[PDB]
Amino acid sequence: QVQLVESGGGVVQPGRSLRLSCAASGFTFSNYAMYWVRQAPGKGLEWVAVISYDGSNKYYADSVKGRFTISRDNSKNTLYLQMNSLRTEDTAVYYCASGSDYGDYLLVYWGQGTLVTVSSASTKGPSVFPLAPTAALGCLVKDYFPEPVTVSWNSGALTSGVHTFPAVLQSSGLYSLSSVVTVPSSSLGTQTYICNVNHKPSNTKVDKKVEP
Amino acid sequence: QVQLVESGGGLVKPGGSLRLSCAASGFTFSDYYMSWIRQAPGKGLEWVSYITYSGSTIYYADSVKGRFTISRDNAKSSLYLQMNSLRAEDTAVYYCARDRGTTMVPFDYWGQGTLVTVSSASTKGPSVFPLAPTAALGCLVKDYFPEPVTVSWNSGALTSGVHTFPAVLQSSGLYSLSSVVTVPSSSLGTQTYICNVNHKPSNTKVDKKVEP
Amino acid sequence: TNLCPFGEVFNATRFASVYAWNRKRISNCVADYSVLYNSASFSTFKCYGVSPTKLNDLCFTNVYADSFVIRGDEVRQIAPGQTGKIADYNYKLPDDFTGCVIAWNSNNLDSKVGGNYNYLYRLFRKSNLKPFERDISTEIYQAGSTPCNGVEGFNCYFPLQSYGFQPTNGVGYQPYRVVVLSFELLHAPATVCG
Amino acid sequence: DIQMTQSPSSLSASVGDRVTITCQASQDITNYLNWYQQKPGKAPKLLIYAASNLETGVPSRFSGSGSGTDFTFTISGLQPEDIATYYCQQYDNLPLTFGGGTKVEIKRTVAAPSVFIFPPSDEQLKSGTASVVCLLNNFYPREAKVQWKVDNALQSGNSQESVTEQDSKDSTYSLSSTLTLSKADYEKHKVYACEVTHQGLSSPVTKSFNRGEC
Amino acid sequence: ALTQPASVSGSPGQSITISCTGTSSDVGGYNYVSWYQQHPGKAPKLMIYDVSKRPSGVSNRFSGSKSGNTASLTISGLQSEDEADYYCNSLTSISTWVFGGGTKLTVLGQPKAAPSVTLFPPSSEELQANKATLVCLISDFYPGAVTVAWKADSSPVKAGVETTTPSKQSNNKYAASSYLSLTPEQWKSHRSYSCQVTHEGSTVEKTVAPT
Ligand SMILES: *[C@@H]1O[C@H](CO)[C@@H](O[C@@H]2O[C@H](CO)[C@@H](O[C@@H]3O[C@H](CO[C@H]4O[C@H](CO)[C@@H](O)[C@H](O)[C@@H]4O)[C@@H](O)[C@H](O)[C@@H]3O)[C@H](O)[C@H]2NC(C)=O)[C@H](O)[C@H]1NC(C)=O
């Protein structure tokens with residue numbers, strides 16, 4: 001079936017380089033162009049580059065021109081990216097574009113996309129502290145890096161009144177997240193609340209017992 | 001109709017570099033060879049370069065090899081040339097010549113050409129002085145560089161009885177020409193006249209009245 | 001009692017260049033040309049000898065199908081007694097042409113970014129092309145005196161060159177596919193009707 | 001690398017005359033040569049290609065021939081507009097080369113030189129120099145002598161001659177003799193006169209003036 | 001970049017129009033329109049290309065057009081699912097490429113929701129590290145309008161605030177967090193710090209006192 005699978009990527013430091021790829025299947029890869037589209041977190045899109053159908057012609061965005069190289073291979077049907085001279089602005093999720101039929105430069109099939117960030121921030125484990133005063137409670141996962149950290153109350157037992165807030169990046173470089181529970185004051189002391197914090201880039205288990 | 005407009009030029013430091021172009025029109029630019037011929041001021045012609053249709057094969061003159069390069073672009077229908085490590089004696093008017101066209105005929109309508117010089121003094125503009133008395137009129141331009149300088153009387157209102165002398169080199173190192181116009185004195189005090197100077201290397205357009 | 005496989009011809013996914021123009025002999029059908037005629041998806045539809053409506057309700061004995069890729073500005077060259085690159089060296093309909101010519105915009109299918117280097121067209125020759133004359137020869141013609149020896153150089157490179165076909169071009173500078181019909185009559189009974 | 005030889009290097013004739021230019025090759029080249037025309041300032045233009053063929057749009061009065069190594073080009077009748085340098089170039093071997101150059105003038109009987117004299121502009125006097133000019137217009141032949149005389153003192157060594165190319169209608173010449181000096185000594189002197197000694201003249205005529213008068 | 005409305009809204013069953021304006025060199029010179037739809041966090045999907053042409057699969061309710069240097073997309077019969085972003089695109093004959101911009105569409109079916117705000121004094125363990133980040137947690141507001149304005153005893157304070165763009169929560173409302181960065185001498189010397197939020201003009205007061 002007409003599908004696309006991106007290679008992958010992760011956090012990187014500025015000024016460095018990185019290679020990205022894209023797996024194809026279900027169509028003649030050797031008879032279409034390829035493109036790459038990037039989208040900043042919570043913003044619009046932006047064209048990056050194009051590559052001709054036979055590794056012949058190239059183009060680049062005026063922002064990326066001079067820092068990127070494209071390369072394909074009709075044998076393995078495998079397209080290759082190479083982001084060089086990494087800049088923190090380039091942090092976005094990059095999408096592998098079709099070059100589909102019944103068309104031209106336009107984009108159709110739109111493989112899922114790999115999130116890649118550029119930030120030289122200190123990867124710090126999650127330190128949790130209670131949030132104690134329909135009274136609410138919470139746990140304080142502040143000054144961590146990178147995004148994200150998943151939370152769970154009582155290992156999948158509490159669900160009514162769970163929201164995720166914008167933990168926008170502190171300009172220092174470390175995020176700060178939390179978890180909430182909106183519960184009437186009648187059932188605050190009867191049952192217990194535990195915030196199961198899991199920082200999977202570091203694989204740590206940190207807990208705390210909050211009580212109003 | 002079939003033309004061949006050339007790109008700019010002007011002064012270039014010794015050993016410098018410059019890019020020349022040759023826009024086309026009136027013929028499928030992808031069906032003709034190309035060649036570049038240069039002619040020093042008041043001397044014989046001289047073949048320099050010769051490029052085939054696809055940039056596959058390239059030829060240079062034995063005196064210019066290792067310093068010249070050609071290119072093509074079937075899309076823009078425009079031939080290019082970049083010259084590097086310029087010698088002083090390369091100063092000439094480099095034309096834009098096709099070769100062995102579709103039918104058979106060689107070296108067809110190849111056109112005007114652009115001056116290219118090798119010197120370094122300045123790019124100053126001219127100064128004008130009038131001349132008044134069956135008499136004649138004229139205005140004198142003096143101490144300008146570099147060539148050329150075109151002059152028109154009353155924005156080319158007069159076509160007959162006009163003369164322009166080809167400029168020479170002054171001992172200082174500049175050029176200076178002269179232009180005179182004759183007319184019966186019946187309309188001496190009645191009609192007025194101005195010569196229109198155009199020094200493209202400086203665009204210093206100046207006009208001046210001529211009356212006793 | 002089967003229809004002509006016009007689907008695989010027109011709706012084909014791959015076309016050959018003009019000098020290597022392809023040919024498919026087609027016969028023994030029940031033919032409905034009105035599905036194309038009234039399709040109104042064709043930027044141009046002309047032919048000479050019989051009108052479309054009158055030919056739809058008429059029987060014929062033999063028809064050929066040919067197709068290639070040309071440039072829009074040169075579409076007019078596909079007509080009897082025309083001149084130009086294609087008329088001289090790539091394709092030349094005879095004057096008493098009795099087939100049919102159709103062409104539509106295919107900028108959405110055949111053009112490609114950066115320039116499609118696939119299709120070709122012949123450039124020079126020692127003479128004019130006869131009717132339906134195919135010349136696949138890439139032989140280096142020699143208009144000089146020194147021997148040629150195959151290699152491409154100072155005398156008369158390949159009589160084969162590829163279009164640009166950039167999609168960013170104007171109307172006439174974009175490829176328009178074409179299918180050249182041929183309608184002939186012989187002593188054999190008419191095998192295609194409506 | 002093959003050298004080409006044009007002959008001769010100069011030529012003059014009147015209207016209706018027939019002239020012939022010759023081109024001699026170094027090695028064998030069968031019928032591969034062209035003939036060019038370059039009016040001054042403009043760009044050249046093909047006249048005859050393959051040393052035998054007539055370019056379309058060129059007057060039939062041009063024709064030449066030759067084969068192998070020796071080639072010739074002829075002009076049936078001159079014209080007041082066919083005054084231009086002529087060029088030929090090889091057509092076979094990789095390193096193309098052109099001819100050597102040959103001019104073609106037009107011969108006339110004689111023309112009397114008209115004379116004028118022009119005072120320097122006051123604004124140039126404000127600039128601080130004097131560039132006086134003596135005009136000779138619409139005469140023949142191209143050779144002529146111009147002599148300055150300031151306050152009955154002959155002046156030579158600081159002159160400068162500029163001669164135009166011959167005309168196309170009457171095919172005459174014109175020279176603008178400019179004597180540039182500083183305004184200081186130009187004011188030190190008072191009377192100026194440029195004298196011409198031309199063949200067409202019968203006596204040396206001299207236009208003059210007096211500084212400050214005009 | 002092109003021109004797009006930063007926001008747009010309507011009622012279910014209505015018909016909306018969205019503007020996509022650029023220069024004349026690109027959108028005004030070619031029939032090279034292209035429109036898109038992108039669900040949150042998912043992969044975009046082609047909807048309209050070059051005039052009003054639709055990929056096989058999308059319903060006929062979509063409709064777009066272009067005039068002068070302006071491209072217009074018109075939806076008929078708004079629905080809850082169609083509430084998502086929309087993007088336009090076209091050719092860039094100056095040998096580059098360009099996208100339209102941003103246009104968030106929100107089909108309003110419910111009038112408005114009032115926020116649920118929670119305030120907590122800083123943890124006892126945070127103060128021991130010379131740190132006191134007063135944090136006020138907000139939830140359950142709609143539409144996406146919440147700003148932070150911490151209230152001291154008798155003077156406003158916004159020093160070192162972490163202001164957030166509202167994010168739609170699960171119950172068709174929004175939710176947000178806060179972090180107040182004042183010195184420990186600012187945290188203890190005050191009588192009672194109050195959390196004051198503004199959502200669609202609504203304000204709920206929550207005060208904290210050092211205990
Ligand atoms: C080459 O391929 C073409 C693409 O498959 C072939 O075209 C198909 O031929 C059929 C023959 O009848 C056409 O038929 C009808 O089309 C109408 C209109 O559909 C449109 O309207 C519906 C809404 O009713 C809309 O949803 C569509 O998107 C269209 O806008 C249908 O209503 C009929 O049921 C019937 O299908 C097709 O239109 C035509 N396809 C296209 C894309 O035009 C063509 O026949 C092939 N050529 C050969 C020689 O085989």
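First the proteins, then the strands, lettered A, B, ... as listed; each starts at 1. The basis for the numbers below is simple: all heavy atoms, side chains too, and nothing from hydrogens, waters or symmetry mates.
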Exercise for the section: Select the option from CAT-192, SAR650984, REGN10933 that matches the molecule at chains B and D. Expected result: REGN10933
Problem - Drug or drug candidate at chains A and E - result: REGN10987
Exercise for the section: Give, per UniProt, the macromolecule that holds REGN10933 with the most contacts. Expected result: Spike protein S1
Handout entry: REGN10933: other chains within a non-hydrogen distance below 4.5 Å
Key = C
Problem - Majority UniProt domain at REGN10933 interface, chain C - result: BetaCoV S1-CTD
Handout entry: chain C and REGN10933: chain with most heavy-atom pairs under 4.5 Å
Key = chain B
